[PDB]
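Entry overview - Protease with saquinavir in place.
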There are 2 protein chains.
Amino acid sequence: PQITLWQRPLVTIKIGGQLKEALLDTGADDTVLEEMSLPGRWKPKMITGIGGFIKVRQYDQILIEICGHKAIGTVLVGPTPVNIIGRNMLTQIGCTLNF
Amino acid sequence: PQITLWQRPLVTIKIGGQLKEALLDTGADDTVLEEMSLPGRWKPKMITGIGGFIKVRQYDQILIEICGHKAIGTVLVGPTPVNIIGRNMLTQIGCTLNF
Ligand SMILES: CC(C)(C)NC(=O)[C@@H]1C[C@@H]2CCCC[C@@H]2CN1C[C@@H](O)[C@H](Cc1ccccc1)NC(=O)[C@H](CC(N)=O)NC(=O)c1ccc2ccccc2n1
């Protein structure tokens, strides 16, 4: 698709067969998710945003479908108000910024 | 241009006649820049992202060039770790997400 930005670029994602929605976020290095059921073990990790550091749970090799495109990588579960799809995933689905 | 996301989408901006660089940030509602001099009156504001709040000064109808493209809007000045260009400005230059 070609997505304008007059509203937040939220899209449908699928993880563990669960349908969610998430923000396509070119400003985010990592992918950070709301609480949800994920397989495997996690490890504690800390990342920062504009307001400072948070503790998150790091899951590796997670499969996700983003607006129909498959991606696999590291996802961080933590105190985020919204699922955020960061560049580690965005690149896998061929996403670009255009103007 | 077309900007891939293998690295941070940083671009040149010009504001207050000064050249800086900033992050093209589709996940950000607002545009937030490091401490700097701007004209007019400001209003105090608090914004959030991941990790909590920061206090900023809000300036309205500020002129900025983004990669040579003119935009006018609200700029928030404060202790952000990185200059970020949010959707309020990105929309003025016709920026889209494409995959
Ligand atoms: C996700 C993580 C890996 C933590 N990366 C980010 O946090 C990086 C960090 C880099 C340096 C510090 C400054 C931000 C740049 C950008 N951000 C991504 C960046 O895209 C971040 C993503 C976002 C969506 C909303 C909720 C939180 C997170 N957006 C932002 O921080 C901007 C700040 C701003 N006023 O515009 N926040 C939002 O526009 C914002 C939106 C609505 C809100 C609702 C509830 C909660 C918090 C609220 N957040």
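Chain letters follow the order of the sequence lines: the first is A, the second B, and so on. Numbers in chain A track the PDB entry; the residues on display, in order, are 1-99. The numbers used for chain B are those of the PDB entry, and the residues that appear cover 1-99, in sequence. All heavy atoms count here, side chains included; hydrogens, waters and symmetry mates do not. Every number for a ligand or one of its atoms is a count from 1 in the order of the listing.
Heavy-atom contacts below 4.0 Å between saquinavir and other chains occur for A, B.
Residues contacting saquinavir within 4.0 Å (heavy-atom distance) are A/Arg8, A/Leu23, A/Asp25, A/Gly27, A/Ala28, A/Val32, A/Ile47, A/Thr48, A/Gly49, A/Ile50, A/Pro81, A/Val82, A/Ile84, B/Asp25, B/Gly27, B/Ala28, B/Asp29, B/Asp30, B/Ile47, B/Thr48, B/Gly49, B/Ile50, B/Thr80, B/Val82. Regarding atom 19 (C) of saquinavir, its nearest protein heavy-atom neighbour is A/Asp25 OD2, 3.4 Å. Of the protein's heavy atoms, at least one falls inside 4.0 Å of atom 24 (C) of saquinavir. For atom 39 (O) of saquinavir, the closest heavy atom belonging to the protein is B/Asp29 N, 2.8 Å. Of the protein's heavy atoms, A/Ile84 CD1, 3.5 Å lies nearest to atom 28 (C) of saquinavir. Remark: minimum distance from atom 35 (N) of saquinavir to any protein heavy atom is reached at B/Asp30 OD2, 3.0 Å. The protein non-hydrogen atom at the shortest distance from atom 31 (O) of saquinavir is B/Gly49 CA, 3.2 Å. Nearest non-hydrogen protein atom to atom 17 (N) of saquinavir is A/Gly27 O, 4.0 Å.
Atom 45 (C) of saquinavir has as its closest protein heavy atom A/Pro81 CB, 3.7 Å. Per-residue contacts place A/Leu23 under 4.0 angstrom from the following atoms of saquinavir (heavy atoms of the residue considered): 24 (C).
Atom 34 (C) of saquinavir has as its closest protein heavy atom B/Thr48 O, 3.9 Å. Remark: saquinavir atoms within the under-4.0 Å shell around heavy atoms of A/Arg8 are 42 (C).
Distance check on atom 43 (C) of saquinavir: every protein heavy atom falls at or beyond the 4.0 Å cut-off.
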